[PDB]
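Complex: HDIT101 / Envelope glycoprotein B.
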Amino acid sequence: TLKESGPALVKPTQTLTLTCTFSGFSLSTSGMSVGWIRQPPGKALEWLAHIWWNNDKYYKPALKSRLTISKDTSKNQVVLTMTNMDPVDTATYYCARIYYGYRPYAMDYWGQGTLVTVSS
Amino acid sequence: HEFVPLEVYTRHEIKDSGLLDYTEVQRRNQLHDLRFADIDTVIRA
Amino acid sequence: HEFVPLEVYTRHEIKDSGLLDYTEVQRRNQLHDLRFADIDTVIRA
Amino acid sequence: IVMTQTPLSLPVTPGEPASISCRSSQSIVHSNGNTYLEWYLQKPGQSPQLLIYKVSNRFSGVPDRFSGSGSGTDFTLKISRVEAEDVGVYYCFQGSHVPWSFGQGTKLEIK
Amino acid sequence: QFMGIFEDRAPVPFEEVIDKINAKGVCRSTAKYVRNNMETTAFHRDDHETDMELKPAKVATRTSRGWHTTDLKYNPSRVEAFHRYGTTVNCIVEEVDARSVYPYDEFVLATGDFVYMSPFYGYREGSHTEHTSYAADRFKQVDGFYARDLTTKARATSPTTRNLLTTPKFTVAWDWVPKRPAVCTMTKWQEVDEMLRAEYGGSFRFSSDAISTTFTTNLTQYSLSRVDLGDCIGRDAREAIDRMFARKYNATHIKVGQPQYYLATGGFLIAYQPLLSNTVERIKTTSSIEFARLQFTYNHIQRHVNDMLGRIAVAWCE
Amino acid sequence: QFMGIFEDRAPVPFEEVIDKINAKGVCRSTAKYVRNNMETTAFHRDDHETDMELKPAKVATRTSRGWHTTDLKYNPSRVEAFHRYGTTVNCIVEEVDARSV
Amino acid sequence: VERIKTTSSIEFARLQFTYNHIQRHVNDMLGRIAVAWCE
């Protein structure tokens, strides 16, 4: 139910924006949270950020200075922004939904994910 | 024989015998902003 | 037979059952100037 | 808390039990008294799916072959009878303490 | 001459609580806050923004720790016959006690201010259904929080879940615990080694010679599910019974079945563990146990005389 | 920056109670009252006298009914490097309990 | 040097007195009967 939208080709040292469209839940219910995850090609999954229904955003400390996650419930979407793009960040980005509000398991439903490559 | 629980005054009676309760007064007074005002709105012009 | 003194709630328990106590609140609040401020100093200029 | 999933590659003949172990630098115990360590599986060209949550609970739609155990800083996924469809990458993920992290993940091989 | 002294209390934003105070041990010298539907900013000493250290407050008897940045109020420099304004911003931190009562949907601080939120509001497993009176953006639960004591300046190793709320006046923070295993509507009051239980007249009489007290209960057990927030009774009763049995009756008696629960007149919940020799509502409790004591007394004497006189009768007869 | 917030509670005159609030359900937007032995008038929103409706106050748990006219504090329009004063009058009506001994 | 804490309910002591009084009487009176019986 979580869509993935993002520039497939971004030049180095530029801002990147993404988008995750929901279905069957709104980021306005008392216990919804949505997280953005990254996986470099052939490397392990890497958690980046997650936002709660109340604009409580949590980032990865290494990438804290660059990531910026925002939510717009009117369009029912989450926008993940990552400034200063770096060819090391060429990877597949996933959008996940968390039931820590309701269940002890997080990241049940994943989007298909979008591959973003950093090159000129 | 059965002895039923008997008492002249309960805790509720003794506590309410106070003309004012500081807790109740403060509880009702500090909701003044929540009730008769809007905390969150910011008007900038 | 020996009856040991038995009581459901003490004076301390009943007094602490109160959510707020005016005496303690005022006592702590009026020390605010003594703790987080300097009463005695005078600065003239 | 950093998760260390071992071994990195686990070649296992079908029908034989398989073991994955990951360790954290610090206890993943939360103030709830629960350890939110969960195992996810990513199949080739597919979005990863949750297998196990809270160490020893199997997610809905997961067969009994997968079983988690452990505590403190050590945790172990055990597959009693590996099958053909068990091929993929396995991750152990701690959610108790922000920041969250995944392990290095282990790739299953069938011999 | 003082022509007016506007004294206000402003909350410290989260990004200043976590990044500055808890991490560096310093606090900003400017207070930027919304008051009376207007975003005001106050600069300390009418000067530029600065990071100021938090030093321990002056010692007062029977008071918790406190830290503050400025100790002297700033007043305007003298200018002849001119009204002049002077600002003083003092960043204060106070460890306080907080108290809540049933249904624990709002709690109080030791300063007499209220925070209109359940102490157990949170993010995990229904911890967001607890009552809240503030906007959702005023709350922030930092999971895995490393508290740094401002005196010893040492970071705590074990993380804790820290709720933070920015009320219009101040900002409270407290460790988060689940509601169900923390509160209880019943308190363990007494531990009775020898509680003799008898059945009579469709009622159970529990007599304790140690404290000289007799309770009367209906024949049926008490449904423990009926007690609101009754998660503590089982644990406390089990632990107490196990300790007490180990202390006294391990070598002579054995437990008989699971501990049972009965309700005694006046609102007393008795957990009873029978022994054999080797051969959703809230209960209101009366404030005076005396009646029960009387009963036991009236029982005791009565029983004895109803024995002795009876023997005399027989002794007379023969 | 706020340089001072004088907050006071003025009484509602009788003729403003029976004629206006109890009858028409509205309250005047100017508070005229005696304070510190001087007759003072506060005009809401620095404007003309007006009749304003009494709408119910926001709901609070275990609280009696309440009505108010204004929901936002009025603050002066921004003017560079000037002290500016802004008046706000909120007419409040509250059912309360009274206890005597 | 310590400050003594006093219970708020004297009733127990009163109970004791009552239980003493009756008891003493019957412990003295019944006893007579016993003697009077035996003889």
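Order of the sequence lines sets the chain letters (A, B, ...), proteins ahead of strands, with each chain counted from 1. Just the heavy atoms: all of them, side chains too, but no hydrogens, waters or symmetry mates, feed the values below. The displayed model is a subset of the deposited entry, and contacts were enumerated within the subset.
The ligands or chains that make up HDIT101 in this structure: chains A and D.
By chain letter, the other chains having a heavy atom closer than 4.5 Å to HDIT101 (chains A and D) are E.
Across all chains of HDIT101 (chains A and D), the one with the most heavy-atom pairs under 4.5 Å with chain E turns out to be chain A.
By residue number, the epitope of HDIT101 (chains A and D) on chain E (heavy atoms under 4.5 Å) reads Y121(E), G122(E), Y123(E), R124(E), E125(E), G126(E), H128(E), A136(E), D137(E), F139(E), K140(E), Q141(E), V142(E), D143(E), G144(E), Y146(E), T157(E), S158(E), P159(E), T160(E), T161(E), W176(E), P178(E).
By chain and number, the residues of HDIT101 (chains A and D) lying under 4.5 Å from chain E (heavy atoms) are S30(A), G31(A), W52(A), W53(A), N54(A), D56(A), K57(A), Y58(A), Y100(A), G101(A), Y102(A), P104(A), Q26(D), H30(D), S31(D), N32(D), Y36(D), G95(D), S96(D), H97(D), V98(D).
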